[PDB]
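The following structure: ritonavir with Protease.
Here is how names work: the chains are called A, B, and so on, in the same order as the sequence lines, proteins then strands, and each is numbered from 1. Whatever order the structure lists ligands and atoms in, that order sets their numbers, starting from 1.
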There are 2 protein chains.
Amino acid sequence: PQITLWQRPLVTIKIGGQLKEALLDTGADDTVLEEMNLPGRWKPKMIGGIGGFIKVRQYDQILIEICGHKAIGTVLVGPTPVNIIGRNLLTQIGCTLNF
Amino acid sequence: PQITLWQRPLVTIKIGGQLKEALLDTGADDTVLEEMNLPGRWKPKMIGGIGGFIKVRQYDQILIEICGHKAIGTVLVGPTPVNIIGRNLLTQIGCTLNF
Ligand SMILES: CC(C)c1nc(CN(C)C(=O)N[C@H](C(=O)N[C@@H](Cc2ccccc2)C[C@H](O)[C@H](Cc2ccccc2)NC(=O)OCc2cncs2)C(C)C)cs1
């Protein structure tokens with residue numbers, strides 16, 4: 001699709017058989033989801049946002065369908081109030097910025 | 001131009017006669033720049049995201065040039081870790097998300 005930015009770029013994603021809304025975010029280097037139970041072992045990560053840093057748990061090789069396009073990659077889980085799809089999964093599904 | 005997201009989408013902006021580097025950010029409603037001098041009256045504002053809220057100075061009707069494209073809109077200035085061009089100016093240069 002082509003998505004204009006007059007409104008927040010919110011899309012449905014499917015992860016773990018649940019549907020969630022997520023923001024398409026070119027300003028996030030990684031993908032961050034609200035607290036959920038994901039499979040396997042995690043690794044620690046600190047990510048910084050506008051107000052400072054949060055500790056998140058890194059899971060790898062996670063499938064997530066973003067608007068019907070399957071991506072498989074690293075997903076961080078921690079105390080974000082919005083699910084953010086960042087560049088790591090946006091390149092997989094072939095997303096670009098055009099102007 | 002077409003920008004892939006293997007790397008951070010950083011572009012040069014021209015604002016208040018200085019060239020700065022800033023991130024094209026689909027996940028920021030607002031344009032938030034590092035401490036700089038801007039002419040005008042401004043208003044205090046609080047913006048938040050990951051990590052909490054920060055106080056910025058709101059300046060309205062600032063002309064920014066983003067890669068040669070002229071944009072007018074609100075610019076917030078303050079202790080942001082990175083220069084962010086948010087959706088309020090990305091729509092003005094005709095920026096879309098495509099996949
Ligand atoms: C409440 C919620 C439902 C929402 N409100 C909003 C409106 N808000 C607040 C914003 O747009 N606020 C912006 C913002 O931080 N947006 C964020 C999404 C968000 C929104 C609300 C709450 C938490 C996260 C998303 C933005 O792309 C920022 C910008 C950025 C990049 C580097 C350093 C600092 C900042 N990205 C991140 O915070 O990325 C964190 C990372 C993830 N992986 C690696 S770093 C500001 C910069 C203005 C959107 S959704």
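Lab note: other chains with heavy atoms under 4.0 Å from ritonavir (ligand 1) -> A, B.
At 4.0 Å, heavy atom to atom, the residues around ritonavir (ligand 1) are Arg8(A), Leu23(A), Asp25(A), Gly27(A), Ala28(A), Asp29(A), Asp30(A), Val32(A), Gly48(A), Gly49(A), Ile50(A), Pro81(A), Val82(A), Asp25(B), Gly27(B), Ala28(B), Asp29(B), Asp30(B), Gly48(B), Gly49(B), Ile50(B), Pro81(B), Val82(B), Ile84(B). Remark: ritonavir (ligand 1) and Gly27(B) share an N or O pair separated by less than 3.5 Å (distance only, no angle test). Taking only nitrogen or oxygen atoms, main chain and side chain alike, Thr31(A) does not reach within less than 3.5 Å of ritonavir (ligand 1). Per the PDB, the organism of origin for chain A is Human immunodeficiency virus 1. Remark: ritonavir (ligand 1) and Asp25(A) share an N or O pair separated by less than 3.5 Å (distance only, no angle test). Residues of chain A near ritonavir (ligand 1) cluster mainly in UniProt domain Peptidase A2. Remark: minimum distance from atom 47 (C) of ritonavir (ligand 1) to any protein heavy atom is reached at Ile84(B) CD1, 3.8 Å. Atom 42 (C) of ritonavir (ligand 1) has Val32(A) CG2, 3.3 Å as its closest protein atom, hydrogens excluded (heavy atom only). Atom 9 (C) of ritonavir (ligand 1) has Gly48(B) O, 3.2 Å as its closest protein atom, hydrogens excluded (heavy atom only).
Among the atoms of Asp30(B), none of the N or O lies under 3.5 angstrom from an N or O of ritonavir (ligand 1).
When distances from atom 35 (C) of ritonavir (ligand 1) to the protein are checked, a heavy atom turns up under 4.0 Å.
The shortest heavy-atom distance from ritonavir (ligand 1) to a UniProt active-site residue of chain A, with that residue, is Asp25(A), 3 Å.
For atom 1 (C) of ritonavir (ligand 1), no protein heavy-atom neighbour is found at a distance under 4.0 Å. Between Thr80(A) and ritonavir (ligand 1), not a single N/O pair is under 3.5 Å apart. If you check which protein heavy atom lies closest to atom 33 (C) of ritonavir (ligand 1), you get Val82(B) CG1, 3.7 Å.
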